[PDB]
Trainee: 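Structure provided below as structure tokens; questions to follow.
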Amino acid sequence: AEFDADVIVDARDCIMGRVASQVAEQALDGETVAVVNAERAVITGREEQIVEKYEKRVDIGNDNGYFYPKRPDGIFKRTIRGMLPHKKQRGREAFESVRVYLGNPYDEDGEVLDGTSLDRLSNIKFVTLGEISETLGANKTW
Amino acid sequence: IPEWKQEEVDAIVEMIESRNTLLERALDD
Amino acid sequence: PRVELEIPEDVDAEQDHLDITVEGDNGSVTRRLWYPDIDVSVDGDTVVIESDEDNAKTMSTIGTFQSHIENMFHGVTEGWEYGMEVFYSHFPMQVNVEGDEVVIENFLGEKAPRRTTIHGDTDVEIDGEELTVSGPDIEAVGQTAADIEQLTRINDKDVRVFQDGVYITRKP
Amino acid sequence: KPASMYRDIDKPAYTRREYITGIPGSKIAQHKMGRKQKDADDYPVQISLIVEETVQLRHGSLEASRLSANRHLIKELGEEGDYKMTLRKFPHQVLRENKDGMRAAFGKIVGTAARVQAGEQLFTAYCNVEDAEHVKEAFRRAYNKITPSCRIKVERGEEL
RNA sequence: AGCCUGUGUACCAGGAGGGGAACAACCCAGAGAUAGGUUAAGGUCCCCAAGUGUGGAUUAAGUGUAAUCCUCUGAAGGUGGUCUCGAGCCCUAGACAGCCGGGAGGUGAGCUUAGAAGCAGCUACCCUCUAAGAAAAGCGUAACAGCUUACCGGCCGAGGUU
RNA sequence: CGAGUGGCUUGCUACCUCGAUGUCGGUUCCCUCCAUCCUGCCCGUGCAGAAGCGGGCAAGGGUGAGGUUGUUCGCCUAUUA
Ligand SMILES: CC(=O)NC[C@H]1CN(c2ccc(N3CCOCC3)c(F)c2)C(=O)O1
Ligand SMILES: [Cl-]
Ligand SMILES: [Cl-]
Ligand SMILES: [Cl-]
Ligand SMILES: [Cl-]
Ligand SMILES: [Cl-]
Ligand SMILES: [K+]
Ligand SMILES: [Mg+2]
Ligand SMILES: [Mg+2]
Ligand SMILES: [Mg+2]
Ligand SMILES: [Mg+2]
Ligand SMILES: [Mg+2]
Ligand SMILES: [Mg+2]
Ligand SMILES: [Mg+2]
Ligand code: NA
Ligand code: NA
Ligand code: NA
Ligand code: NA
Ligand code: NA
Ligand code: NA
Ligand code: NA
Ligand code: NA
Ligand code: NA
Ligand SMILES: [Sr+2]
Ligand SMILES: [Sr+2]
Ligand SMILES: [Sr+2]
Ligand SMILES: [Sr+2]
Ligand SMILES: [Sr+2]
Ligand SMILES: [Sr+2]
Ligand SMILES: [Sr+2]
Ligand SMILES: [Sr+2]
Ligand SMILES: [Sr+2]
Ligand SMILES: [Sr+2]
Ligand SMILES: [Sr+2]
Ligand SMILES: [Sr+2]
């Protein structure tokens, strides 16, 4: 609810890993970032092996716990956390000044970061975060 | 340059004197 | 590579994005033709399938897109029809169309009716021991027919002896 | 015993019969097959099975490959077919096995093997242009019973 | 065998510092203090200093992103997955494939055999018509029939095949 | 005959521990692996059917009671999917 984002990024049709790497770099530079339309971000590869990896992460765990997100919401934010020293002061500060959303709760339309776009016309082997979440069992609230 | 085709175009022209391409060939003579 | 398909006078083909729609006197069919770097478009009187790549994998899909489109042309005009025959040795098999699915009763004596839902706007007309599956979408028709035959599949017993079931008699 | 035990050339050459006793006999029945009264020059085709890696081949394997090859040639060209095949290597290297821990470990003699350098011809056949494929099949069965990969090479033969 | 036992050498032992996730001996490097600068090994999407660098190609398996290694596996065998290069032969006098038509008579050859007629076995394997057609390459029959390969013609139209 | 994987058996080594890392079998209680015995779904058959034999996917659940023997193992009995 209300997030003074210095930058609003549109993840739609964008390679998640590539977006995350830039959002991290900017959060560490002090920018407050809001990633939009997470459910529509994409990750290249063979949907079958991709899903096996994310399902394995869901099955891993124990008493100590390995809480892994299932919604495109968290999947994306965890992806970003892995690019930040979130256990350090400076790192946790950057991370906490970053938020991912389902759809776009803002009025403006996020911008599209350079090099992160995927041309659907030249690509068939890729998957949507939303699709992954649905497979993982998430409740399609988007 | 198949020889049997050449010999045919002749044999055909011979009977014309006294495959379709080969017949059209002989007619062209 | 580039191939050009002159569309039949009986037909009209429109396409926006990755979806192509073909309409004729027999109906209409819409398909999605999506493959890396293969552009499908309607250039007035002809449909065009082209790409800058010529690798085996691309050439394969191009030829596939072609037959899919020509099949759509054929489907909207002449249409597609598969002919099937119901055959039984001891128990009279009862094949009927009920709703949007064909129901088969008393297969090999079974008390529970075997059934399958019809795909698309496929028409399954039955007359005696003969069935005729037809429609404009060859994909839908083809499956419906196949589905009907698969509906009497048996794995438990020797098929050479128990040959009851409906079979595709004529492929279009 | 697995060939992994002796397929590599990781030991000195051990072939001196004058200092080695109890060497088991060879299981290789013949080194010259087919019509051994006829010359090799009397044939239009000459095909050799070439080893692609340096290795040691125990006589047990030479016999199995040779046998499984000549056997095919016999089944396809007859007990007297117009062909001739040669196994050109002989198992000179003596093999041991330490069969008491590592004390006085020098092994007792257990067998023999032939050292084959990569690129060499283990077998070589000579046939008529007709049976050229029957020999290629014989070798295919032969390199399936010896450690290394092999190239089936047609030396004298251009009816191709 | 991260085994045992030699030999030469450099290293650890007794060797910091930089790199290698961590890690006696692998790489750079031999080091007084303090300070500025430039490199070495190694690295430049983020974590993490420096490229989401350039020209070009391949890979679709997340192969791979693993110098060395007890530590990083992957083999014999197989692959019309895909890319690249070479050779031979066939082809607009129409190839390869497909589809359509023809696949004929003497004659169901002779022999054996009740029987045998392309096709149980044995021998031979000839000539007519013709633009083709075996004394029949594979099924099939009790034996016939029937179904096709060879072989010819048409339709088609561009590379094909080894 | 050839090529491998595992690390349950055994052997080998002597790297760790001799200012102490308590044995075998059993029991009780928890998690796991798949090279699957049953159960689910399949393929082949020397598949008529029934019952089998062989193979594929698959580790969700199940795999029990008893006689000798400390036994592990195994032999034996009646049940059992
Ligand atoms: C109590 C003790 O000695 N603690 C010190 C060490 C040695 N050890 C041990 C060694 C041999 C044996 N055995 C087992 C049976 O075969 C004879 C030797 C053993 F039980 C136990 C162990 O666990 O820790
Ligand atoms: Cl957990
Ligand atoms: Cl951290
Ligand atoms: Cl793709
Ligand atoms: Cl020094
Ligand atoms: Cl991955
Ligand atoms: K001890
Ligand atoms: Mg010391
Ligand atoms: Mg940086
Ligand atoms: Mg890997
Ligand atoms: Mg010790
Ligand atoms: Mg399994
Ligand atoms: Mg059965
Ligand atoms: Mg379980
Ligand atoms: Na990826
Ligand atoms: Na988890
Ligand atoms: Na001793
Ligand atoms: Na030193
Ligand atoms: Na370090
Ligand atoms: Na990987
Ligand atoms: Na192993
Ligand atoms: Na199970
Ligand atoms: Na017992
Ligand atoms: Sr950056
Ligand atoms: Sr050695
Ligand atoms: Sr081999
Ligand atoms: Sr780049
Ligand atoms: Sr490039
Ligand atoms: Sr280790
Ligand atoms: Sr290695
Ligand atoms: Sr291999
Ligand atoms: Sr498995
Ligand atoms: Sr079962
Ligand atoms: Sr035990
Ligand atoms: Sr016992």
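A, B, ... follow the sequence lines: proteins, then strands. Residue 1 opens every chain. Partial entry; contacts are within-part only. Remember, it's 1-based here, ligands and their atoms both numbered in the order they're listed. Computed over heavy atoms, backbone and side chain alike; hydrogens, waters and symmetry mates excluded. Determined by X-ray crystallography, 2.7 Å, according to the entry header.
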Trainee: Tell me the name of the drug molecule at ligand 1.
Mentor: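 That drug is linezolid.
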Trainee: Count heavy-atom pairs within 4.5 Å of linezolid for each chain, then name the one with the most as the PDB entry does.
Mentor: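 The chain with most contacts is 23S ribosomal RNA.
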Trainee: Judged by heavy atoms, which other chains are less than 4.0 Å from linezolid?
Mentor: F
Trainee: Can you name the other ligands or ions lying under 4.0 Å from linezolid?
Mentor: ligand 7 (potassium ion)
Trainee: Using a non-hydrogen cut-off of 4.0 Å, what is the binding site of linezolid?
Mentor: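 Going by non-hydrogen atoms, it's F:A20, F:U21, F:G22, F:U23.
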